[PDB]
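Model: Solute carrier family 22 member 12 / ligand verinurad.
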Amino acid sequence: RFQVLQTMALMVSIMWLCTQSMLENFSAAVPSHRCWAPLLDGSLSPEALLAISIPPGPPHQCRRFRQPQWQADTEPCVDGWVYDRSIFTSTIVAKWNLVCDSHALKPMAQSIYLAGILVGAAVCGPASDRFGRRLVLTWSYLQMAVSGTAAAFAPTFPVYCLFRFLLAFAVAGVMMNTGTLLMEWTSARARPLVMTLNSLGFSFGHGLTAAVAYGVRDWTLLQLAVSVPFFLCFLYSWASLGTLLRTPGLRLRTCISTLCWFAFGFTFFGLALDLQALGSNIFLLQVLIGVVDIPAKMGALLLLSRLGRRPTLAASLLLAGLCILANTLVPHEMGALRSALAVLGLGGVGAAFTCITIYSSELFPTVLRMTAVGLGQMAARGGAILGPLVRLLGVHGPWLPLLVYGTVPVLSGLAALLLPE
Ligand SMILES: CC(C)(Sc1ccncc1-c1ccc(C#N)c2ccccc12)C(=O)O
C-alpha cells in the first residue's frame, strides 16, 4: 500500500520533471522571422511587398534592403525582427531576439540548464547524505516551483538563464531523491520493474508536456503552468572512484559503461531538446516520443529479461544511432518518414537508458556499484551539457548535428559489445 502510493506520487513528480526538461523546445521554439522593414510595416501583394523588402533566403532571416528596391544594399536588422505568431504567441527567442547573430544563446540556455542539472546532482549528493533525503526532496520541490515561476517572469535573458540553472539545480536533487527513495523501499529483485516504471513516468511526462504546450501557447504561461504543480508537490510531500579506476580488469567495463551513459545523455538531450529539426510538427513529435517510449521501454525490459543484458543494450544503442543517421540521410521531402525515424531513435535512446540503468548495477561488485553508477550518471550529465552545443555545428549544415548524434550512439553501442555479460 505505502510502496504503491509512494511510487504513484513519484511517478507524478517525474512526469512534471520531464515537463520541466522538455518545455524548452516549446518555450524556446524559433518562429519564422525577418528584419522589421518600414515598407513591410501604393500597397501591393504581401508576397510582392516582402520580395522588395527582404532579400531571398535559402525570406532571408536577418537581412533587409536599405531602401525598398523595385523589381550589396542589404543591411542587418537595424530596427529588430518580426516573428510569426501563428503557432506560439510568445517565446524566449521572440522576446530576447535569440536569432542569427545571437542564435547561440538558445542552445547555450539549454546547456546552462543541463550544467545546472550536473551541479545540482553534485551538491545534492553530499547534501542528501548530510540531511534527510525526504527533506532535501521537499526543498528541491520548493526550489523547482520558485525557480520556474521566476524564470517565467524573467525580464532579461541572463536572469532567465540563471533561474533555469537553479531550476535544474533543484530537478537534479528531485531526481536523485526520487530514485533513492524508490530503491530503498523496493525489493532488490524488483529493481528492473521500478526502473522501467520510472522511465514510463518520464514517457508520460513527454505527452503531458505536449498537451500543456498545445493548450498554453505563451512561454511565460507555459513555464508558470508547468512550474505550479511543484508547489502542490512540495505541499503534500510530507568505495571511491580512485579504487574503481585502480583495479586493472575493471577498466574495460568502467570505460564502456561510462561511454554508454555519456552517449545516452548526449544523444537524448541534444535531440530531445530540439524536435524542430526532427519533424515538422513539434507537438505531434512530442506526443509520439512518449507513445513510442512506452512500448519501446517495455520491449527493452522484455528483451533484457529474455534476450540478455548486454545484447539488449547494444541493440538499443545501435537502433538509436542508425535511426538518427537514416533520418539525417533520407530526403528532407519525406517528412513523415523522417519524423517516424526520429521517434524510433528517441524510443531506442529511452530503451538504452533503461538498459544501462539496469545493467551498470550488475557490471560491478556491490562495493564499487554505487561509485560506478554515480560515475555513469555524471558522464551522462556531462554529455547532456555537450548535447545542445553540437547543434552549433548546424551553421555549416543542419545535417552535421544529426550526424554527430547518430555516430555517437552507434559507436557507443558497438563498444557496448565488449561488456562481460
Ligand atoms: C541526467 C540524466 C540524463 S537523467 C535526466 C535528468 C534530467 N532530466 C531528464 C533526465 C532524463 C532524460 C531521459 C530520460 C529518459 N528516457 C529520463 C528518464 C528518467 C529520468 C530522467 C530522464 C542522467 O541521469 O544521466
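For the single chain, residues carry numbers from 1 onward in sequence order. Start at 1 and go down the list; that is how both ligands and their atoms are numbered. Both backbone and side-chain heavy atoms feed into the values below; hydrogens, waters and symmetry mates do not.
Segments near verinurad: of the UniProt transmembrane segments of chain A, counted from the N terminus, those with a heavy atom under 4.0 Å are 2, 4, 5, 7, 8, 10, 11. Around verinurad, within 4.0 Å by heavy-atom distance, are found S21, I117, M175, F202, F264, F268, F269, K297, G350, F353, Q377, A380, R381.
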